[PDB]
Amino acid sequence: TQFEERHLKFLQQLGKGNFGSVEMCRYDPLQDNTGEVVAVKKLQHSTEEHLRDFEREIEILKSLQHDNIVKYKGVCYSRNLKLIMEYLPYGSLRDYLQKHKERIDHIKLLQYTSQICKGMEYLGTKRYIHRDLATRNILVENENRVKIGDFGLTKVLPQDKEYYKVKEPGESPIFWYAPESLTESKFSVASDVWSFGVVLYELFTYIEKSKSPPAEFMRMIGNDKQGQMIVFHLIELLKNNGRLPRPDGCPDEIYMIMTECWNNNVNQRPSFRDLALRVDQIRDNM
Ligand SMILES: CC[C@@](C)(Nc1ccnc(-c2c[nH]c3ncccc23)n1)C(=O)NCC(F)(F)F
């Protein structure tokens, strides 16, 4: 069924990014304010290149049906398309964890970790590369469920290759990037696994500001480094085994999972199927 533009009542801005904006809207055809609250994504500056990428993101989201992937609801046509998605009122895992801090125990962080792995494994079966796995891009449905949000940077692997090469990169979350992504702009399941190790780190630091991957990496390379020199030094640091520290109070076993994800050798990084099995075993033991 279709969504009429005239019936989408603006409520609040949710955020802005990669040439798009996300708003919380009430889909109210009855005009009595009893309509469903939905998340609406639209392009801000809609060029023919941006429309093309937006359409691809719509096709990607529509093709995904998993408990740990934000639900596609529809499209609203007025091109200047609007992507309609389910609204998750608890917001991002980043904001949720920052607010609720250590009142969320290790058992609970591992329940979220497992769900992220499962969502990522399912994504990999479709030959999709997320490229922006971070706690800011994970949504909380409720206390017991998290989902991967924002597919704006997702690439589909070529039929004959196991990596996607970005020729002209835009805004990049470099402190979540695998070394081959920094040096050769190569993205794969293995680079998504590297970013997952960074997600696990974020979780176990409970989003403490001084402990964030940009703060830790900047201290390691020197806060005097600027622009492209940050990328140059981060590459050399990663090459010489500089890694994010073990978060305070993080179990040894969870830090080992992070370090395995952060392997310079792309083939030696674990698989998401293995990670979900491993994390479920840790959970069971606890
Ligand atoms: C896309 C919206 C945006 C900019 N920021 C947020 C921030 C807080 N809360 C919501 C939100 C709540 N409920 C929703 N339901 C669906 C989509 C988004 C939301 N979004 C983003 O890219 N960051 C997270 C991602 F997980 F969505 F990817």
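To match the PDB entry, the residue numbers of chain A are left as they are there, and the shown ones run 842-919, 923-1130. Each ligand, and each atom within it, is numbered from 1 in the order the structure gives.
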Please tell me which drug sits at ligand 1. decernotinib
Name, as the PDB entry does, the macromolecule that decernotinib (ligand 1) contacts most in this entry. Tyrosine-protein kinase JAK2
Considering only the protein, which heavy-atom contact is closest to atom 6 (C) of decernotinib (ligand 1), and what is its distance? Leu855 O, 4.0 Å
Is decernotinib (ligand 1) under 4.0 Å from a heavy atom in the side chain of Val863, in the backbone, in both, or in neither? side chain
Under 4.0 Å from atom 3 (C) of decernotinib (ligand 1), can you find at least one protein heavy atom? no
Within decernotinib (ligand 1), which atoms have a heavy atom of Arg980 less than 4.0 Å away? 23 (N), 24 (C), 25 (C), 26 (F)
I'd like the name of whichever of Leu927, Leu983, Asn981 reaches closest to atom 17 (C) of decernotinib (ligand 1) through any heavy atom. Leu983
Please classify the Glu930 to decernotinib (ligand 1) contact at 4.0 Å (heavy-atom distances, strictly less than): side chain, backbone, both or neither. backbone
Enumerated decernotinib (ligand 1) atoms positioned under 4.0 Å from heavy atoms of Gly856: 4 (C)
So is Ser936 in contact with decernotinib (ligand 1), going by heavy-atom distances below 4.0 Å? yes
Decernotinib (ligand 1) and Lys857, any nitrogen or oxygen pair closer than 3.5 angstrom? no
What does the entry say about the source organism of chain A? Homo sapiens
Show the atoms of decernotinib (ligand 1) that are less than 4.0 angstrom away from any heavy atom in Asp994. 22 (O), 28 (F)
For decernotinib (ligand 1), which atoms sit closer than 4.0 Å to a heavy atom of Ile982? 26 (F)
Looking at non-hydrogen atoms alone, which of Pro933, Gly935, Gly861 comes nearest to atom 9 (N) of decernotinib (ligand 1)? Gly935
As a check for students: among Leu932, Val990, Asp939, identify the option with a heavy atom nearest to atom 12 (C) of decernotinib (ligand 1). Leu932
Using a 4.0 Å cutoff against the non-hydrogen atoms of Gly993, which atoms of decernotinib (ligand 1) qualify? 26 (F), 28 (F)
Please list, in number order, the atoms of decernotinib (ligand 1) under 4.0 Å from a heavy atom of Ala880. 15 (N), 16 (C), 17 (C)
Which residues make up the contact shell of decernotinib (ligand 1) at 4.0 Å, heavy atoms only? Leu855, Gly856, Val863, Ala880, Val911, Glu930, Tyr931, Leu932, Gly935, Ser936, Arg980, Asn981, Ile982, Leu983, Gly993, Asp994
